[PDB]
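What follows is a set of notes on a single structure, which appears directly below.
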Amino acid sequence: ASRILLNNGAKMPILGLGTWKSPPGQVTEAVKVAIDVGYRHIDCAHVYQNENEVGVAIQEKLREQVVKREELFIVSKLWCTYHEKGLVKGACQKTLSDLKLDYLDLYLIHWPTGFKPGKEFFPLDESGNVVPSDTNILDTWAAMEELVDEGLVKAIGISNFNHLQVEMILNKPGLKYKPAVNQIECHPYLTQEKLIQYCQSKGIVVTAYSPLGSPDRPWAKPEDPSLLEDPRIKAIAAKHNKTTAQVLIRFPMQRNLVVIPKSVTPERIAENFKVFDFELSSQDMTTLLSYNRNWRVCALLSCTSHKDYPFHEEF
Ligand SMILES: NC(=O)c1ccc[n+]([C@@H]2O[C@H](COP(=O)([O-])OP(=O)(O)OC[C@H]3O[C@@H](n4cnc5c(N)ncnc54)[C@H](OP(=O)(O)O)[C@@H]3O)[C@@H](O)[C@H]2O)c1
Ligand SMILES: O=C(O)Cc1nn(Cc2nc3cc(C(F)(F)F)ccc3s2)c(=O)c2ccccc12
């Protein structure tokens, strides 16, 4: 099936286009090609610095009546320097304005950590540590609930929250809306069995990011493991007559996850979508799970002392 049911009663396409690192001069065309070839979900964020250009693509395909708004599922994320209650509506509204939308289908708390507000996305002290804000998870969650009650977003969720942080929201005094999604890093080197079972058991849908191991991440090092070059995964692709990327995309799909591979390459945008026509066996799935090594693309050193850092934590 192409969509999964959310606890807000709306349906979310299980394949989306990622847009982190998509250059602003290429992501308009990338999103247009995606929509043309079947993508109906786009993963966005203010911190990606390209929502304007994403929005150009969305608006042109709406204008051309390639798709209707109702059929698109657009996600963005509240950045860490906007966790204060008084900054949240504005941050959302700037995102909406850039994306050329009147509402978002899902808005996420991007990271559990609030940073000092200002023009800087990563405010640092003189020694390179991130500067926190004294905001807490639960006050930010209340501000996100207000966005639903203002019609600006259809669903709210979290990202990069560990089990206990999810649990803190689920147990929030006066909780009005449960998180719909937890978007977390997930791939054969970071399989997340624990956190995913917890979230799903609570009816929270999990979106897997960096499903290909983010080969274009700017801090990649030659000795880092490489999913797309792992001979073991290549072998499973060859057995199915598919590419390695297609295996790495289909893998989270069979775990009842949403997956959001990023590309600005039209050939790969189309290839990445052609994953609904084959199945990995249960053994392939367990074999892929066996490659776990708790390797993270996204865990920035400058943030590891924030009080709310999520990954000290067994899960
Ligand atoms: N919530 C969060 O904190 C968070 C964190 C990280 C990422 N995300 C979201 O997750 C999305 C995906 O994660 P990601 O961007 O880190 O990386 P990814 O999707 O794992 O990998 C993207 C990289 O893979 C290449 N690629 C794509 N399709 C390919 C294919 N078929 N064959 C070979 N290479 C291929 C891309 O190259 P080209 O683009 O040159 O084709 C790009 O270098 C992001 O863009 C963002 O939307 C969210
Ligand atoms: O954010 C993305 O979508 C991609 C993303 N990831 N990272 C690695 C990060 N690691 C973090 C760790 C925490 C922590 F919560 F753990 F403290 C908080 C915030 C971050 S950003 C980045 O540094 C980054 C920089 C610009 C744009 C996007 C990103």
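Each residue takes its place number in the sequence, starting with 1. No hydrogens, no waters, no symmetry mates; every other heavy atom, side chains included, goes into these values. Both counts, for ligands and for their atoms, begin at 1 and track the order of listing.
- The chain sharing the greatest contact count with ligand 2 is, according to UniProt, Aldo-keto reductase family 1 member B1.
- Notes: drug at ligand 2 recorded as zopolrestat.
- With a heavy-atom cut-off of 4.0 Å, zopolrestat (ligand 2) reaches these UniProt substrate-binding residues of chain A: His110.
- Applying the 4.0 Å criterion to heavy atoms of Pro310 picks out, from zopolrestat (ligand 2), the atoms 14 (C), 15 (F), 16 (F).
- The residue in chain A annotated by UniProt as active site that sits nearest to zopolrestat (ligand 2), with heavy-atom distance to 1 Å, is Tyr48, 3 Å.
- The shortest N or O to N or O distance between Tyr48 and zopolrestat (ligand 2) is under 3.5 Å.
- Considering backbone and side-chain N/O atoms, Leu300 comes within less than 3.5 Å of an N/O atom of zopolrestat (ligand 2).
- Ranking the protein heavy atoms by distance from atom 22 (C) of zopolrestat (ligand 2) puts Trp219 CH2, 3.7 Å first.
- Here the heavy atom of the protein found nearest to atom 6 (N) of zopolrestat (ligand 2) is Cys298 SG, 3.6 Å.
- Among the UniProt-annotated NADP(+)-binding residues of chain A, those with a heavy atom closer than 4.0 Å to zopolrestat (ligand 2) are the following: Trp219.
- Apart from zopolrestat (ligand 2), the ligands and ions with atoms under 4.0 Å away are ligand 1 (NADP nicotinamide-adenine-dinucleotide phosphate).
- Between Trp111 and zopolrestat (ligand 2), an N or O atom pair is found at a separation short of 3.5 Å.
- The nearest protein atom to atom 26 (C) of zopolrestat (ligand 2), hydrogens excluded, is given as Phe122 CE1, 4.0 Å; this is a heavy-atom distance.
- Here the heavy atom of the protein found nearest to atom 2 (C) of zopolrestat (ligand 2) is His110 NE2, 3.3 Å.
- Residue, atom and distance of the protein heavy atom nearest to atom 28 (C) of zopolrestat (ligand 2) are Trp20 NE1, 3.3 Å.
- Under a 4.0 Å non-hydrogen cut-off, the residues that form the binding site of zopolrestat (ligand 2) are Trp20, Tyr48, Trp79, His110, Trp111, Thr113, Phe115, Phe122, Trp219, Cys298, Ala299, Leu300, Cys303, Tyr309, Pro310.
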